[PDB]
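The sequence lines are taken in order and lettered A, B, and onward as chains. In order, the residues displayed for chain A correspond to 1-301 in the PDB entry numbering, which applies throughout. Note that chain B is numbered according to the PDB entry, with residues 1-301 shown in order. All ligand and atom numbering here is 1-based and tracks the order in the structure. As a basis for the values below, the full set of heavy atoms in this structure was taken, side chains included, without hydrogen atoms, waters or symmetry mates.
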There are 2 protein chains.
Amino acid sequence: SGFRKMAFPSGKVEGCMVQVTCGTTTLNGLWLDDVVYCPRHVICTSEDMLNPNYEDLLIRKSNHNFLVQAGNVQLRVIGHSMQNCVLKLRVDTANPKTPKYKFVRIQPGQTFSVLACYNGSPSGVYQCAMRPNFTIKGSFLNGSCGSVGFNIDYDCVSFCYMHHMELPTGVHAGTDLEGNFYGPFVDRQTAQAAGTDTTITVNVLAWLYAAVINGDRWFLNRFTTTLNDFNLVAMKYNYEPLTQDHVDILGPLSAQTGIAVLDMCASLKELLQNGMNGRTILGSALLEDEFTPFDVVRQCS
Amino acid sequence: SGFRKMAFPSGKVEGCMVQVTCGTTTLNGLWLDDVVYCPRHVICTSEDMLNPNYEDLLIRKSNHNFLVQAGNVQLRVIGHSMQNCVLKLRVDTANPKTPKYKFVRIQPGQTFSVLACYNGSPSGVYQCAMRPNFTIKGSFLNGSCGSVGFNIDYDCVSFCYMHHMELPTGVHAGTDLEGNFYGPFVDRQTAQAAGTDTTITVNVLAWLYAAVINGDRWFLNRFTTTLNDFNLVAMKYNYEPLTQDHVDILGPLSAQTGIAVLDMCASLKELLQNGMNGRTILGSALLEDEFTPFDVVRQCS
Ligand SMILES: Cn1cnc(Cn2c(=O)nc(Nc3cc4cn(C)nc4cc3Cl)n(Cc3cc(F)c(F)cc3F)c2=O)n1
Ligand SMILES: Cn1cnc(Cn2c(=O)nc(Nc3cc4cn(C)nc4cc3Cl)n(Cc3cc(F)c(F)cc3F)c2=O)n1
């Protein structure tokens, strides 16, 4: 029993982080086989950071301009290329601890583990979700550029996020491991605004099922609603649309608990309309939306 | 910016977990140097589990009754001893990935990372606190016995918890790595009740400082209170006493934010008396008490 914000064990990823330095600019890189992946922002001097032309900046570089340090051992760069917003540095040594891995891009509403990293040294691990507005509400300080987000399936690490910058609201923006940004952001040191966010409805329902599995049932009721009558109220509360696919994905949880999805939706409608009234669900006083149906099944087996 | 429930990177601990089997009973063990540490409950058959006499059960065992599996490799047991509620199995192979480590016992109110483990295989990592009543609000399923909790300081892993059982309220009880239980619990398969819990006041104040560092200031006020007038109200709300040592420990956070501790206490008194009124602090709608002052400084550098 119990329900926590649970990350994947980070060991397989810790063994891949290195430090990348170009000039006096430094950040974190990801060493897989004989390639190091890192934000291309590393080739910016402090004067290039506001408005870089990255093609210009990189053609002025050679392999010897890149200092890669894997803990103690300096890795010799023997090639460099740029792929969208990530730089690829070929090194003369394959990482002997390279896990089986994939580069996957995730969807808004999906979760992943973040290994926060500073000067190539892992500092902490936490779980988060990609928000509907393509930001993440991370925890990152100066020096965290290049930290990665990932999921693990069996023994395969699916890398899905590489951290780039913090927006003025304190939320975070980055790319997939092919260098393509999540959301309408660009890798310049300029203030950029996140769009309006929404609440991930299917995740809230998944978490309510987790509560029932763990014996929190006070919010349940005998009522039911239709899909469209639910979506009419929820969207007044800045909730995203609940599709039949979302209802379908919630199937297994509905089966294990014996509570129909539209029955759970009637509970959520009342919680939205009435609040939670000095009560908690799984230790929280608000409706938690950063647990996917898969996360719930994973933790509530 | 940002503030999350952040665990330590788990790699150094993942490399130490093994599976221990005695008869048909199986659980997780911790392999450090040439010793495997695990709950002594493993020597119980299903019929011994309710009311074991562990000295009796163990004298009837020999080294060949213990199957230790480090992933693929079977470790040969060459000795066994029992220390309080943990069993020590000497093996013929030192763990080549043994980190620098210590066995430390933690205090109620202190936090640690949990590596949840099943059949010797790490599954997830999360952060939690030792509650004032010496339980932890973990997330554990069947097969998690022997999972460990830890902190990391520089490169040294300080092991502080080994998981044993789940209580009827769904909270969790275990021992330090010397086998001495936290709290008034015993390793028998009988229903045991946790005592009444309290809220960790110094941690709530630390988290309010974290909020101010992250720009959440709506709960601040121009008032101040005395230590004893604060403790009179807080204890009406099942909060633990705030000592001058607690005020002293909060010193650095008070200095970095320029908010005196008893000024922050006046904010907490109002939050307790008035509630939070449809507003959130660092993404939570209740007063979070599982972040220590050190956790805040760690994450809000
Ligand atoms: C508060 N915070 C939260 N997350 C972050 C991540 N982050 C970062 O770590 N570094 C950044 N700028 C750099 C300055 C450097 C100074 N030296 C010596 N080396 C440096 C390297 C970097 Cl990468 N930034 C800002 C930033 C990074 C980008 F990749 C980008 F495209 C635009 C940006 F404005 C940053 O956000 N900090
Ligand atoms: C739901 N939950 C949450 N945490 C836990 C931890 N936990 C556990 O993992 N196993 C336990 N009993 C066993 C049964 C076995 C069956 N086989 C084949 N092997 C087994 C091994 C164990 Cl250890 N228990 C119960 C329990 C474990 C103890 F160590 C103890 F002292 C008293 C107890 F009641 C358990 O709580 N489950």
Checklist line | Drug or drug candidate at ligand 2 | finding: ensitrelvir
Check: Which macromolecule makes the most contacts with ensitrelvir (ligand 2) here, by its name in the PDB entry?
Finding: 3C-like proteinase
Notebook entry, point to check: Which other chains sit close to ensitrelvir (ligand 2), with any heavy atom less than 4.0 Å away?
Noted result: B
Item checked: Distance from atom 4 (N) of ensitrelvir (ligand 2) to nearest protein heavy atom, with residue and atom -> B/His163 NE2, 3.1 Å
Notebook entry, point to check: Which taxon does the entry assign to chain B?
Noted result: Severe acute respiratory syndrome coronavirus 2
Check: When you measure from atom 31 (F) of ensitrelvir (ligand 2) to each heavy atom in B/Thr21, B/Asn142, B/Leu27, B/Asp187, which option holds the nearest one?
Finding: B/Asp187
Margin query: Does any N or O of ensitrelvir (ligand 2) fall below 3.5 Å from an N or O anywhere on B/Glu166, backbone included?
Written below: yes
Next item on the list: Give the single entry among B/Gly146, B/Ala191, B/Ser144 that approaches atom 5 (C) of ensitrelvir (ligand 2) most closely by any heavy atom.
Entry: B/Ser144
Notebook entry, point to check: Which is closest to atom 19 (N) of ensitrelvir (ligand 2) in terms of heavy atoms, B/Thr175, B/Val186, B/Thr26, B/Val171?
Noted result: B/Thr26
Note to self: Any idea which UniProt domain of chain B makes up most of the interface with ensitrelvir (ligand 2)?
What the structure shows: Peptidase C30
Next item on the list: Of the side chain and backbone of B/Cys145, name the one, both, or neither that has a heavy atom under 4.0 Å from an atom of ensitrelvir (ligand 2).
Entry: both
Checklist line | Distance from atom 18 (C) of ensitrelvir (ligand 2) to nearest protein heavy atom, with residue and atom | finding: B/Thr24 O, 3.0 Å
Notebook entry, point to check: What are the atoms of ensitrelvir (ligand 2), with element, lying closer than 4.0 Å to any heavy atom of B/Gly143?
Noted result: 8 (C), 9 (O)
Checklist line | Option whose closest heavy atom lies nearest to atom 24 (N) of ensitrelvir (ligand 2), chosen from B/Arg188, B/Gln192, B/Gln189, B/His164 | finding: B/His164
Notebook entry, point to check: Which option out of B/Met165, B/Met162, B/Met49 puts a heavy atom nearest to atom 36 (O) of ensitrelvir (ligand 2)?
Noted result: B/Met165
Check: Measured between non-hydrogen atoms, which UniProt active-site residue of chain B is closest to ensitrelvir (ligand 2), and how many Å apart, rounded to a whole number?
Finding: B/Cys145, 3 Å
Notebook entry, point to check: Looking at atom 11 (C) of ensitrelvir (ligand 2), would you say a protein heavy atom lies below 4.0 Å from it?
Noted result: no
Note to self: Below a 4.0 angstrom heavy-atom separation, can you tell me which part of B/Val42, side chain or backbone, both or neither, approaches ensitrelvir (ligand 2)?
What the structure shows: neither
Margin query: Any idea which residues from other chains are within 4.0 Å of ensitrelvir (ligand 2), non-hydrogen atoms only?
Written below: B/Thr24, B/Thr25, B/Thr26, B/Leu27, B/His41, B/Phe140, B/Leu141, B/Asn142, B/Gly143, B/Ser144, B/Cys145, B/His163, B/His164, B/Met165, B/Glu166, B/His172, B/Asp187, B/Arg188, B/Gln189
Anything under 3.5 Å between an N or O on ensitrelvir (ligand 2) and a protein N or O? List each pair with its distance, or write none.
| residue | atom | partner | partner atom | Å |
| --- | --- | --- | --- | --- |
| ensitrelvir (ligand 2) | 4 (N) | B/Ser144 | OG | 3.3 |
| ensitrelvir (ligand 2) | 4 (N) | B/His163 | NE2 | 3.1 |
| ensitrelvir (ligand 2) | 9 (O) | B/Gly143 | N | 3.0 |
| ensitrelvir (ligand 2) | 9 (O) | B/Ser144 | N | 3.1 |
| ensitrelvir (ligand 2) | 9 (O) | B/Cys145 | N | 2.9 |
| ensitrelvir (ligand 2) | 19 (N) | B/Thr26 | N | 3.1 |
| ensitrelvir (ligand 2) | 19 (N) | B/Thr26 | O | 3.4 |
| ensitrelvir (ligand 2) | 36 (O) | B/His164 | O | 3.4 |
| ensitrelvir (ligand 2) | 36 (O) | B/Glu166 | N | 3.3 |

